[PDB]
Each structure stands twice: as C-alpha cells, then as structure tokens.
A.B. asks: 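Got a structure for you, written out below as structure tokens; questions coming shortly.
Along the sequence shown, residues are numbered consecutively beginning with 1. First listed ligand is number 1; within each ligand, the first listed atom is number 1. Values below: all heavy atoms of this structure, side chains included; hydrogens, waters and symmetry mates excluded.
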Amino acid sequence: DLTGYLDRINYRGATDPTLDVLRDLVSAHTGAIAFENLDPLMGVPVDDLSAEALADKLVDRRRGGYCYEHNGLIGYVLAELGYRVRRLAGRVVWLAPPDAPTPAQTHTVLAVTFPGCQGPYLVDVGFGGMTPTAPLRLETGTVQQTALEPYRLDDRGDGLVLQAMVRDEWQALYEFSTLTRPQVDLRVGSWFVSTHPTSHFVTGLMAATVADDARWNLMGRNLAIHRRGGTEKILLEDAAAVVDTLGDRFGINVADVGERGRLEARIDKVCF
Ligand SMILES: NNc1nncc2ccccc12
Ligand SMILES: NNc1nncc2ccccc12
C-alpha cells in the first residue's frame, strides 16, 4: 500500500523517518490530493477511517477527502515509515469571534515524533482552505513561516490554538487538545460532520488544493486563487462548469461519484 500512496503524491525522495522527509511528504501530499466533500454532499457518509478504506478512496480511486480522510491516511503512512503518530481532536473557530458559541469537535490533527527530533510536530493536511503545507513545531509563541502563510501556536486554556496570517491579520483557525483520542471518537466526529443536516459539508460544496505558491479554494460556485501578491475571484457560470473545475483544476476523479447528471443536479440545487 505504501508504494501506491507514494506514486499518487508523486514522491521520489528518501523514506527514512526524518524532518526533511516529513517536510517533503507533507509538501507532496498537499500538492497532489485535493480537499473535497463530494461524498457528504451526495449523501454518502465518511464513516470508515481504516487504512484500507482511506487508501482505496484517496489513492486507488484518485479522489480527495476532508480532515478525517487526509490526516487519517498520512497518519497511517507516517506510522509505517517509523514515525510515532498521535491522533488529536480539534474545534474549528475560523472567522469566528472569541465570544462565539463553543464549536463541535469536528477536526482531527496529528502530533508526530521521529528518531532524533528535538520536539513533537503538528501535521495537518486536511484543513481545507488553510491547511499548513509544512509540519509545524508543536511549540507556543514562535512564528513559523511556510511556503505560503505564516503560522503560530498559542496556549489557550487546557489546550492550544493554531493561528495563521490571512491577509492583514492573525486569524484563529482551530483550537485543540494534545491528548490522544481513540479511533472511535474520530469516527463519531466524522459521522456528525458528514451526515448532520446543519453541517457545512452536507449543505454546500468545498474544494481546496495547493499548486504551488498559490491556494486554489472553491466555495460552491465561488473560485478563489490566493497568491502571495493578491487574490483573484472567479464566479463559475453553472453546475457543469463547477464539475469541470473539480475534475481538471482540482484533479478529482469525478466519475467515481457516479453519474455526472446527478452530481450536477446536486450542485445546481445547493450552490445555485
Ligand atoms: N473536515 N474538517 C473540518 N471540520 N469543520 C470545519 C472545517 C473547515 C475547514 C476545513 C475542514 C473542516
Ligand atoms: N506571507 N504572508 C501572507 N499573508 N497572507 C496571505 C498569504 C498568502 C500567500 C503567501 C503569503 C501570505
């Protein structure tokens, strides 16, 4: 299974559990496998978070996925390579004020260590739209510049909060505990966010990729290309054009979802 994954992300480097390999893997993964919620949008739950199910979808079938699928898959890969992987749970606070109601635990991230590491590293390749394209030092206060935006971790209560410089200000993305969460808890969270009528992944369409000094973000029919210099926004004309963008620009095997007419009609009723 390891080979199939490495070919999918077009990785060619060494496979020893080191910092450089972790960097190169995260970079290759985020540039190759899109974030998408086509399953929950089409009424297909994300329930099965085993190595076999995630590799079947994200590698063999050339589909994307969301946080549970992305960090699930890379978590299994890193474990096989010799990294120590702990799975964590998070609450998403992006664009919300500090007095917003407590969000559900619907995000999952990884705490990663390896032979000779000075400290633990945060790995998150599943936070569609703003996922860090580098492993980040799991330490507070330090500004950590990536290939795209800079990131910063801060101590918030009994846990931590990940922040990123978006446009002109520091934005809180998600807060999380560093306590290990059992697989079953992650399944419960993934079920909620993929099946609940109020979930943004059920009511709408979201897709995201990086290629390579730019972010390609899609919210329904609204396509945004974020570069270091600025941002360009494209209003997609119809549901048919949205599907084309998902297949071409985002590299998703849209045929896997089923008949294109059904996907177009779902996008038409939801986004238009
Ligand atoms: N799939 N996990 C996620 N859960 N809630 C909100 C999110 C917002 C952006 C990206 C991923 C998210
Ligand atoms: N470097 N500061 C930055 N701040 N906001 C957005 C960015 C997007 C791409 C690259 C850099 C960015």
A.B. asks: Report, using the naming of the PDB entry, the chain with the greatest number of heavy-atom pairs under 4.5 Å to ligand 2.
C.D. replies: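 The chain with the most contacts is Arylamine N-acetyltransferase Nat.
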A.B. asks: Help me out - what's the drug at ligand 2 named?
C.D. replies: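 PDB records name it hydralazine.
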A.B. asks: Which residues of the other chains approach hydralazine (ligand 2) to under 4.0 Å (heavy-atom distance)?
C.D. replies: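 Heavy-atom contacts: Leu148, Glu149, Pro150, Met165, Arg167, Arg227, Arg228.
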